[PDB]
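Model: 16S mitochondrial rRNA / ligand tigecycline.
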Amino acid sequence: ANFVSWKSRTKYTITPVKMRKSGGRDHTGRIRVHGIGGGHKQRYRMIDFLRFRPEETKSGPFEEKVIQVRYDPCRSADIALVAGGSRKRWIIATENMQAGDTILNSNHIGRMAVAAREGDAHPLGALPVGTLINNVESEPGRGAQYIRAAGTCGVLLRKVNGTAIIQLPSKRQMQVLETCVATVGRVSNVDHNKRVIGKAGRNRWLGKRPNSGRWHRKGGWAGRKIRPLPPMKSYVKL
Amino acid sequence: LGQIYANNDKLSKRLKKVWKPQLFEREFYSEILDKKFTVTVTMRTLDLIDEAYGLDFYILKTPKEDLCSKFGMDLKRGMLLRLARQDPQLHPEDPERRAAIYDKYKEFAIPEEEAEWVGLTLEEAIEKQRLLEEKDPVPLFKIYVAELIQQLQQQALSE
RNA sequence: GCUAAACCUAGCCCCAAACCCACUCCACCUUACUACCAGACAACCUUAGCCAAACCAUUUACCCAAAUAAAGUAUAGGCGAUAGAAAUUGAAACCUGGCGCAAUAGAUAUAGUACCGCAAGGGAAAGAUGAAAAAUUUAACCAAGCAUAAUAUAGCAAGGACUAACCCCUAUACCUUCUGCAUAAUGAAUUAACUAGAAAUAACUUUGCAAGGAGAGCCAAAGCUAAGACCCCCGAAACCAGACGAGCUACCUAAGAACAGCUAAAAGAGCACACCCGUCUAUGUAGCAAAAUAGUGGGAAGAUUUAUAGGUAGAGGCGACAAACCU
RNA sequence: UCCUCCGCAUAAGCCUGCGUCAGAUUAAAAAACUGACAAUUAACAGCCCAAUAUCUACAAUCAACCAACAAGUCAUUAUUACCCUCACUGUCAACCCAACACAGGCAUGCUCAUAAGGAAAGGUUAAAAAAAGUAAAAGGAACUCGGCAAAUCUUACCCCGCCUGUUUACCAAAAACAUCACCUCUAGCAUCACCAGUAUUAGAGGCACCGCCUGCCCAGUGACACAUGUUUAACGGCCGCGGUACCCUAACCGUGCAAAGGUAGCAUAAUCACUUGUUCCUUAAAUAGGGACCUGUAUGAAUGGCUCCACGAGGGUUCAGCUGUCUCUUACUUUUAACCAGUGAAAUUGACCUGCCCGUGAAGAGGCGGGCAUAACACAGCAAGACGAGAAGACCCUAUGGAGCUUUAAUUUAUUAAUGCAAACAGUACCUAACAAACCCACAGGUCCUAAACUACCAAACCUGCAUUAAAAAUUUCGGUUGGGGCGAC
RNA sequence: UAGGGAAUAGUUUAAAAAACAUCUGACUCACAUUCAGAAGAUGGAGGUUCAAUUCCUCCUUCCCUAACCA
Ligand SMILES: C[NH+](C)c1cc(NC(=O)CNC(C)(C)C)c(O)c2c1C[C@H]1C[C@H]3[C@H]([NH+](C)C)C(O)=C(C(N)=O)C(=O)[C@@]3(O)C(O)=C1C2=O
Ligand SMILES: [K+]
Ligand SMILES: [K+]
Ligand SMILES: [K+]
Ligand SMILES: [K+]
Ligand SMILES: [K+]
Ligand SMILES: [K+]
Ligand SMILES: [K+]
Ligand SMILES: [K+]
Ligand SMILES: [K+]
Ligand SMILES: [K+]
Ligand SMILES: [Mg+2]
Ligand SMILES: [Mg+2]
Ligand SMILES: [Mg+2]
Ligand SMILES: [Mg+2]
Ligand SMILES: [Mg+2]
Ligand SMILES: [Mg+2]
Ligand SMILES: [Mg+2]
Ligand SMILES: [Mg+2]
Ligand SMILES: [Mg+2]
Ligand SMILES: [Mg+2]
Ligand SMILES: [Mg+2]
Ligand SMILES: [Mg+2]
Ligand SMILES: [Mg+2]
Ligand SMILES: [Mg+2]
Ligand SMILES: [Mg+2]
Ligand SMILES: [Mg+2]
Ligand SMILES: [Mg+2]
Ligand SMILES: [Mg+2]
Ligand SMILES: [Mg+2]
Ligand SMILES: [Mg+2]
Ligand SMILES: [Mg+2]
Ligand SMILES: [Mg+2]
Ligand SMILES: [Mg+2]
Ligand SMILES: [Mg+2]
Ligand SMILES: [Mg+2]
Ligand SMILES: [Mg+2]
Ligand SMILES: [Mg+2]
Ligand SMILES: [Mg+2]
Ligand SMILES: [Mg+2]
Ligand SMILES: [Mg+2]
Ligand SMILES: [Mg+2]
Ligand SMILES: [Mg+2]
Ligand SMILES: [Mg+2]
Ligand SMILES: [Mg+2]
Ligand SMILES: [Mg+2]
Ligand SMILES: [Mg+2]
Ligand SMILES: [Mg+2]
Ligand SMILES: [Mg+2]
Ligand SMILES: [Mg+2]
Ligand SMILES: [Mg+2]
Ligand SMILES: [Mg+2]
């Protein structure tokens with residue numbers, strides 16, 4: 001009926017903002033996704049997924065200092081508070097990012113690839129083949145949508161024709177323009193998938209409601225299915 | 001909005017069926033209004049405009065029940081008012097060209113009084129009528145000062 | 001002798017004729033009936049189904065602009081059930097009447113009130129002197145039920161009788177339903193009131209006129225016109241359409257609140273109150289209660305319990321699936 | 001004298017509903033009834049903010065030390081604008097939701113023990129039966145389906161489910177569901193769910209912690225690939241017939257059949273032909289329970305198999321004790337009861353002047369036949385009959401009566417998705433057989449039985465119309481006969 | 001109790017064949033394997049049909065399923 005999305009704020013802050021739970025309902029009030037509800041209250045920390053974002057009056061490569069690496073309730077990865085110039089922002093932390101580090105945000109591609117340090121953001125064309133990368137965008141300047149979960153990384157496979165081929169965490173290949181930026185290394189919290197929920201109630205703390213008790217007979221979809229990897233996804237236009 | 005028999009057999013199930021027209025967004029230029037309009041049309045409308053030799057002829061010729069659009073009837077009122085007024089706002093700097101347009105469509109000219117009401121819905125017409133009749137009341141001071149003078153005037157002439 | 005009984009108005013019904021309805025000062029679309037701030041939200045879109053077809057599946061009458069007639073004809077249709085024209089034809093204007101009701105009737109109506117329901121919605125009952133009550137003193141007698149006045153061997157309760165109430169003799173309530181009912185088969189305490197056979201085809205009977213009849217149409221090889229005379233009541237579980245419902249309950253959202261003591265100390269740990277639940281027993285079963293009481297129990301910092309406001313709506317929701325819960 | 005749940009406040013709700021006076025008469029008996037007249041006073045509470053930009057990483061927990069995860073309730077600045085001051089509303093009560101002056105429901109604070117709030121007995125008697133208690137000789141589960149209830153305050157185990165949790169409000173709390181864990185399936189991505197997430201993710205499901213494992217099968221049916229195929233932790237399935245060591249059984253032999261032939265385990269029981277098997281424990285006595293063995297009509301591996309800690313108002317077995325459960329009851333108290341006084345329901349009811357025995361009869365008689373009995377009428381008990389009352393039997397059948405559910409029942413694709421085609425709209429076209437016969441320039445070169453016609457995808461993820469295939473649904477039915485129906489038969 | 005299916009050499013499977021078993025021989029020092037020969041059955045009875053391995057009807061025989069609702 002009168003559902004209003006909490007995601008209404010328009011200016012970037014690092015102040016954690018209050019978010020509202022959905023219970024798996026859509027704006028009609030009807031259940032759209034089952035199994036969502038409750039959990040601990042959470043505040044949202046706005047993550048800036050555009051790593052090469054020079055300040056208002058600045059341009060070109062710039063550096064930032066990692067002020068803190070901390071826990072994030074809204075994602076499985078850790079986040080890092082970084083500061084450069086007069087600006088602070090939240091970013092996805094890499095595996096070994098720690099307070100006091102300095103990270104590089106670059107948009108420069110040279111004849112020679114750079115030495116890839118973890119936590120630095122470079123265009124894909126500037127990185128050696130085989131570098132571990134995370135927080136990839138599909139179009140230059142779009143912002144990282146791929147390889148964002150804890151402990152993840154892709155691999156730079158090729159650099160042909162001004163395009164970069166990468167391997168997604170699912171092992172499917174993905175072609176983008178070489179000017180797309182990525183971050184070197186793996187996402188933080190590499191042991192995230194070793195966590196043991198332990199008891200049913202801790203799933204309720206995370207905002208999961210129990211599965212239906214209704215018994216469903218398995219159908220043709222069930223059972224192992226060995227199918228080839230899908231063909232490479234290209235975001236390039238010729 | 002209608003029904004159909006499945007497989008065109010009356011002994012089969014009767015199903016609801018809606019046939020919708022195929023709609024295209026095209027642009028059209030009016031000579032009388034000297035304006036381009038982006039109008040949603042059917043292929044039929046394009047066939048009718050051709051048989052009329054243009055949008056101005058199509059709008060001016062076709063009657064209300066065959067246009068079947070309030071927009072077409074606003075275009076008609078618009079075109080008809082320029083013809084009734086010989087409006088000089090059409091190509092202000094080309095009196096010769098302007099007169100060629102008005103002559104081309106001289107068949108459809110009607111009095112300006114009638115053209116104002118062409119296409120109006122009943123609810124628009126009443127609002128037009130209500131506004132024409134909207135007049136502030138006359139202060140009875142003015143009404144009586146006229147009766148008094150006329151009363152004094154007539155008395156003076158008699159004697 | 002009580003309780004009662006009785007009543008004739010209120011109004012109402014169907015027609016006719018005529019084309020109705022406003023502010024009354026103040027308030028009222030927000031939580032209506034609330035003097036007084038920055039907006040923009042805006043209407044339109046084939047009914048379906050019951051039912052009939054003895055199932056059901058195509059199909060199944062629904063005023064649509066003149067009475068009549070053409071005509072239940074042309075035609076349509078699981079060519080079934082049923083449905084069904086048109087051309088053409090062309091009668092009538094004088095509102096205030098009634099072989100209508102009279103308080104269980106006639107409007108539901110003394111009133112959409114009281115009352116019931118969260119809401120949409122559902123929805124009553126009843127009055128009775130007289131010219132005067134600034135005359136309170138004038139009538140009977142009448143249902144069931146009682147009272148005046150309990151009762152005496154034995155029996156469908158009576159009948160035949162009889163000097164005599166009873167004793168004697170004879171005698172298996174009634175309705176319905178059945179092959180068949182005293183049946184220990186149905187229904188019925190009793191009184192009052194209310195409460196159930198509607199019409200064509202043909203035929204018959206009784207008139208009129210008669211090779212014609214009939215006040216256009218329609219029939220006629222004694223017909224034809226007219227008339228008389230004829231076919232009940234209450235009852236499902238359902239189906240569909242549009243509204244109204246999440247103050248209960250299921251789940252969720254926002255923002256709150258509660259959780260003593262003892263043990264252990266990582267805590268969906270133990271013991272144990274408040275609190276939440278409802279294992280077992282008894283009680284209660286028109287209750288105290290349309291699910292309770294007493295004891296005994298399970299849990300009680302948690303997937304806890306709980307106040308508030310909001311959300312999801314029936315072809316649906318919601319569901320730790322019990323086909324649970326949605327007043 | 002006794003009780004104490006309580007009580008007092010706030011919230012919500014309610015709306016004058018035990019103030020006075022005057023009336024009637026006060027209340028499931030004897031004012032909270034009628035009418036008038038009064039009454040709650042704001043400091044508590046409610047009712048709030050000029051604009052635009054900008055600011056806002058660091059929980060709470062005595063916040064210190066420590067230690068966490070589920071990661072959290074409390075904050076501005078800049079510059080403009082800004083003289084004006086106490087309005088309005090709630091305020092009562094013995095109260096609200098439960099048809100009631102209802103033993104139920106009802107949030108917070110504070111006290112609880114009370115300073116606050118209340119009365120279990122109308123009077124009597126002291127029978128039964130009934131309810132609630134207390135006490136009980138000797139015995140101590142002999143009771144019983146069962147130690148139910150009481151008493152006491154125990155032991156050991158078996159099944160099932162791991163565990164806390166959850167459910168049929170109002171007959172089921174459970175072994176059912178969820179669940180940590182494990183595994184299968186789908187998905188490469190943003191501005192309204194998922195998610196301000198991004199494959200260590202997120203959805204759809206199975207199974208059920210953990211430990212040991214989870215065998216074989218892709219023929220069929222489904223999914224996926226639709227090029228031979230792949231896929232069981234998808235739906236599912238997982239062999240016979242003869243003979244051979246006295247018998248039993250067959251390491252073994254023959255033949256056949258299948259996609260594979262049931263593997264590991266486990267098996268006298270939530271499981272059971274014989275069967276209450278057999279044997280060892282257990283009792284004096286076991287159709288119980290435990291341990292084994294036999295071995296499976298029809299045990300068996302995430303439709304999970306087999307062990308095991310902990311746990312359970314689960315089902316079952318048991319030591320010790322305990323006891324009125326019982327042998328076998330008794331006594332007393334209160335309640336109820338009965339009597340007096342007040343007030344005053346319900347279901348029920350054809351009429352009744354309403355015995356017994358045998359017989360009869362629509363096959364079980366107060367009422368009929370034959371006998372027998374017989375003045376009349378209260379009160380208390382009882383429950384054998386009145387086929388007692390209650391609810392138009394929930395069983396069963398029938399009805400061309402419904403409805404829910406499921407499908408390889410019939411009909412259908414409206415809708416939805418995909419696909420094709422057509423419509424709409426790019427937007428430009430010459431691209432696959434050289435063979436020197438006296439004729440041929442010192443070279444870019446002539447002829448003979450080969451020196452030809454020569455549109456590219458119809459021109460996007462849209463929308464319309466047509467088909468097509470799917471998924472999801474929708475509508476409708478589910479014949480009869482029948483020594484009841486079904487089954488069989490017809 | 002009531003319906004259905006099935007009886008083919010000694011065996012097990014076919015539509016009157018095959019592999020075994022048997023018999024005869026060969027090979028071997030002998031046996032087995034192997035090789036070459038040979039015999040060997042349509043359950044019984046009752047039919048029809050131009051002809052009975054698919055067909056009867058019955059018997060005899062073995063199996064399979066069903067035996068439910070109160
Ligand atoms: C009547 N027969 C068919 C039968 C019946 C049942 N059970 C029932 O019918 C139960 N019926 C209910 C469900 C109660 C209605 C049965 O339970 C059984 C059996 C068969 C036997 C066969 C037994 C046999 N031996 C040991 C005597 C044998 O050799 C085998 C065999 N497989 O070869 C067995 O397994 C046997 O022992 C056995 O288990 C049988 C049954 O179980
Ligand atoms: K029917
Ligand atoms: K009888
Ligand atoms: K009877
Ligand atoms: K009866
Ligand atoms: K329980
Ligand atoms: K046993
Ligand atoms: K045993
Ligand atoms: K339990
Ligand atoms: K009795
Ligand atoms: K019989
Ligand atoms: Mg799950
Ligand atoms: Mg499940
Ligand atoms: Mg009978
Ligand atoms: Mg009777
Ligand atoms: Mg009857
Ligand atoms: Mg009766
Ligand atoms: Mg229907
Ligand atoms: Mg506990
Ligand atoms: Mg629940
Ligand atoms: Mg179930
Ligand atoms: Mg069930
Ligand atoms: Mg015993
Ligand atoms: Mg005994
Ligand atoms: Mg007990
Ligand atoms: Mg199990
Ligand atoms: Mg229950
Ligand atoms: Mg409950
Ligand atoms: Mg019930
Ligand atoms: Mg229970
Ligand atoms: Mg389970
Ligand atoms: Mg496990
Ligand atoms: Mg398996
Ligand atoms: Mg085995
Ligand atoms: Mg055993
Ligand atoms: Mg058995
Ligand atoms: Mg067996
Ligand atoms: Mg099995
Ligand atoms: Mg399976
Ligand atoms: Mg455990
Ligand atoms: Mg429990
Ligand atoms: Mg137990
Ligand atoms: Mg003992
Ligand atoms: Mg009886
Ligand atoms: Mg009875
Ligand atoms: Mg009946
Ligand atoms: Mg029917
Ligand atoms: Mg019907
Ligand atoms: Mg049929
Ligand atoms: Mg029948
Ligand atoms: Mg029968
Ligand atoms: Mg049959």
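In what follows, chains carry the letters A, B, and so on, assigned in the order in which the sequence lines appear, proteins first and then strands, with residues in each chain numbered from 1. Counting convention: from 1, in listed order, for ligands and their atoms alike. Lab note: partial entry displayed, contacts enumerated inside displayed portion only. The analysis underlying the following values was restricted to heavy atoms, covering all of them including side chains, and did not include hydrogens, waters or symmetry mates.
Across the structure, tigecycline can be traced to ligand 1.
With heavy atoms closer than 4.0 Å, the chains neighbouring tigecycline (ligand 1) read D. Taxonomically, the PDB assigns the source of RNA chain D to Homo sapiens.
With a non-hydrogen cut-off of 4.0 Å, the residues around tigecycline (ligand 1) amount to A273(D), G296(D), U297(D).
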